[PDB]
**Student:** 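Have a look at the structure that comes next, please.
Chain letters run A, B, ... following the sequence lines, proteins first, then strands; residues in each count from 1. Keep in mind that the numbers below use all heavy atoms, side chains included, and drop hydrogens, waters and symmetry copies. Method of determination (from the header): X-ray crystallography, 3.3 Å. When a ligand or atom number is given, it counts from 1 through the structure's own listing order.
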Amino acid sequence: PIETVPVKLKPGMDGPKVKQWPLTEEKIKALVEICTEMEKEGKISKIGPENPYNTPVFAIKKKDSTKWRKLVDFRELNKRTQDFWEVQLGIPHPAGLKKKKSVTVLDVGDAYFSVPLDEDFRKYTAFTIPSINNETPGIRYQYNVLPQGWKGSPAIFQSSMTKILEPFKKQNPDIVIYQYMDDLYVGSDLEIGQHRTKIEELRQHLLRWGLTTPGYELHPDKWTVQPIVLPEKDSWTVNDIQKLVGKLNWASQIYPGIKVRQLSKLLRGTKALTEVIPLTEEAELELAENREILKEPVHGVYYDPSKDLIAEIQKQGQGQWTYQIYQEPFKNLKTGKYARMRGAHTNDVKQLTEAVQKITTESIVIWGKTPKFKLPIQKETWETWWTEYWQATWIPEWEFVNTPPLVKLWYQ
Amino acid sequence: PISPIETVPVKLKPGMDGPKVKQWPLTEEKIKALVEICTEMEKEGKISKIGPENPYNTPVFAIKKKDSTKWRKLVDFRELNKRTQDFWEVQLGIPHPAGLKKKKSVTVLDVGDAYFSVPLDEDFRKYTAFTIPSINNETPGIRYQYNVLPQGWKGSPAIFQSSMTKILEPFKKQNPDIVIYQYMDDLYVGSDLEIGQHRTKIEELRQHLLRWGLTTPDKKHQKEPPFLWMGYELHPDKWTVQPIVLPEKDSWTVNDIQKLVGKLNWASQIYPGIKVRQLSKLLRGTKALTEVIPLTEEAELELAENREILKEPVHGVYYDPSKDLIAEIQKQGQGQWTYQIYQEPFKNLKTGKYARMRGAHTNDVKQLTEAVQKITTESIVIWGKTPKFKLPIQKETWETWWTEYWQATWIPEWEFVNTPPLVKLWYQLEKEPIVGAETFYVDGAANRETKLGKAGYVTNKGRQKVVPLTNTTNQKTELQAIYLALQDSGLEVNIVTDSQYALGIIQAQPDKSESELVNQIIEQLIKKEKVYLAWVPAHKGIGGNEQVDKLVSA
DNA sequence: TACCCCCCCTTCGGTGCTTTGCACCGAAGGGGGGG
Ligand SMILES: Cc1cn([C@H]2C[C@H](N=[N+]=[N-])[C@@H](COP(=O)(O)OP(=O)(O)OP(=O)(O)O)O2)c(=O)[nH]c1=O
Ligand SMILES: [Ca+2]
């Protein structure tokens, strides 16, 4: 018995019509059970094919969760509600969140089931549960309350949320709280022991307002940027200097001070690749000044909230992976490298999934946005396995790229 | 009127009105069988006479029910469908017999007049208006509006399938151990009940379907194996496709090959090793469906051995959820692959084939990964799990491919099977330059207007070449320059290019290509013992990349 | 001379980077199959 906030799609736009992809048995079982009890609690109710809209649905387990969690792929709906959660009911971002020594993520998505949903908008939350071997045609549902994983849900509940938080935001004044969809990000400079206690205080402070929390520990200060680095050799071959000049030539689109003339001079002849080349004075000096320019920050790089974030990832092999987050090309807001992730030396898809989740989490903490990913993988490979390794309650936008490593720019 | 079951609301596309199009000049032979059952509908409340207050009109015809003397009625709603609202079909796929768990007793029953047992929506009925012809053009014929779902509308199937489920839902909850495969009106019902109790429960459900006014005719009903279901013959412990007739035509058209190819794709699901490659090579770029085209000595060989598989009868088995799933793949050559999914050795659940050629340049490892993914998707559909794979590729062959490849790639749990021909990488680019090997700086260039170009190289040992090229492109010359350096070099060679285009193609280690120039490069690379490819940017005064950039521009 | 679903195989035309060539992909019309 609560007032329902009206929601309308972006001007001149139709709801999501997205096919449902095949699900494994253990995921269909987990969903039917999750969907049954959610129905006897009125959170959802069955619908029919008169509804032209559909959204894909599947299940996950959070990291170490062991309990299934329902997850809907609202990317197509969210792109068509974009007016709502950005212009109208959006959230300011606490730029100080990235500065806290520890940050904890809590799943508050179970509270969105409290508030009901606008009736005219429930036609767009339609999702279908498939059946193994098409034993039964598709069982359709739609949401009566705020759905877990819709971007309008945290904006509507924000008024209720900031009230529940206000006693604890006052009881602990300098502790930063941010909310991105089904997750609540809370960070402090307190010691680890003090921090985890204030979380349990925030858990009970949420319990008496009617919410459970089925915590992830980050360290934003710890994260380290990755810079472009030049090798160290006591002797340089022709192929070495050729590779080196190609890399510097590619790096010149970011740091304009890069010079190649004195190193290009060393190549002037037509020599065998393995032949040793001693460095001249000016080459050794042009190399020295170049190594310094790559120490500097990129001139004129800053974040624009009106622009989309882009994230490129490159597979370096032997477990290493590199990534760069940018808005405009060659203006990189951040660069980094991951190593020895879960599935290293055995499964590529799992590592790539783990990388996307880590990168997205960093973007949420720093800028409160999820970037669009350029993924080094084939479409069919990724669309097949990616659900098996997904442990997060959000799903970023992505595209697939094929860019052979003509030059190893980001990792030696 | 009277009201059997819960209706489904329908609309038109907003701001649009109903179907006004004139009837077909139907022959009086169909009109005889037409108005016969047509007048019988109005007695049951299925159709209604309407006044000219209803200003819509839609054509009508009829076709014979296949394998029957009866006639079936179809109303052309193509223009109504264009202006009718969009649905979302609840039919997500087709059941496969290889997904059926073994049941002690099984019953198959069709619903007599399936669409006609479901009430349409009250307010929408007016739009069904159509007129019934006569023997002469003197009598006008009554205009009718449908009170139920018409055969030929675009919303009829989706509404029927969804309504059927709400009807079967209460029974399914009362009898959890009964397996009802619901596909349109065709019902496969099976149980582990003893045959006496099984038929008793069948009757309760026929009564339960009857309680909602759904007929279960005995003639459609089948009580004994082998059941005809989804074009299969289901036996107590085995199944097979209903027999497949291959056309015997002496001279083939394009519509003949199409019928042949489709029949074979259908057969490939159980009859192992069906190949379509050389029969489909005949249909490429052909204009007329009626055009006559001859059979190559390749496609003649393929149709002969494909008929020999169909000669001996084959059968599949059923699913035992306790035992593991196994999928083994063989390489058939020319980008063709077949597979068998089984549980007990030599007793197949189903077969299939992946022959898709994806991209201009590929290799056997890429195509094997594409086939593993096709099987995984197919298997998660039918059994909801991923099979264990037996693959004709050495464990170290794969380990080298995915570790070195610049893109992420993976294959689930699998083991090596020694069945040749084995999948391999036919060459390997060195990670580091070769000491003592001649170093070839190559380059190429073409004139955008002239289509004339040159491709040549320089080496450290003084060697040289330039070749004039006719009707070529900048890309082809960059590949051609590499072909030369491979031809004129020893067993171990270092090759330095400034072409991003060519290095990308070669570094992915292809063994097949649409481009014949590439196949010749592949052919040379297999011959070599050590190849090292490198890249430098052009016009930087680099190495011999500047010197051969001069020769090929002159 | 209708409708809805799944599959393979071919063409074609749009898309973006490998660049005004070449490669990729998805929609679509051919067929098989189910009701
Ligand atoms: C074969 C066929 C079926 N359908 C639909 C429409 C039909 N519903 N009705 N009426 C269903 C089922 O057709 P069907 O099961 O084959 O026979 P039916 O019309 O239901 O009467 P019956 O012989 O006494 O069983 O499929 C179609 O639209 N076009 C076709 O060519
Ligand atoms: Ca029927």
**Student:** Quick one: JNJ-54175446, AZT-TP, CH5183284, AZD6738, AT-007 - which is at ligand 1?
**Tutor:**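 From the list, AZT-TP.
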**Student:** Can you peek at the structure and tell me the main thing AZT-TP is bound to, named as in the PDB entry?
**Tutor:**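 Most heavy-atom pairs under 4.5 Å are with HIV-1 reverse transcriptase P66 subunit.
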**Student:** I'd like to know the other chains touching AZT-TP at heavy-atom distances under 4.0 Å, if you can.
**Tutor:**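 Chains with a heavy atom that close: B, C.
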**Student:** Would you look up which organism the entry lists as the source of chain B?
**Tutor:**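 The entry gives Human immunodeficiency virus type 1 group M subtype B (isolate BH10).
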**Student:** What molecule name appears for DNA chain C in the entry?
**Tutor:**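 The entry uses the name DNA (38-MER).
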**Student:** Around AZT-TP, list the other ligands or ions under 4.0 Å away.
**Tutor:**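 Those are ligand 2 (calcium ion).
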**Student:** Which residues of the other chains approach AZT-TP to under 4.0 Å (heavy-atom distance)?
**Tutor:**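 By heavy-atom distance, those would be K65(B), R72(B), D110(B), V111(B), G112(B), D113(B), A114(B), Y115(B), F116(B), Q151(B), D185(B), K220(B), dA2(C), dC3(C), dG35(C).
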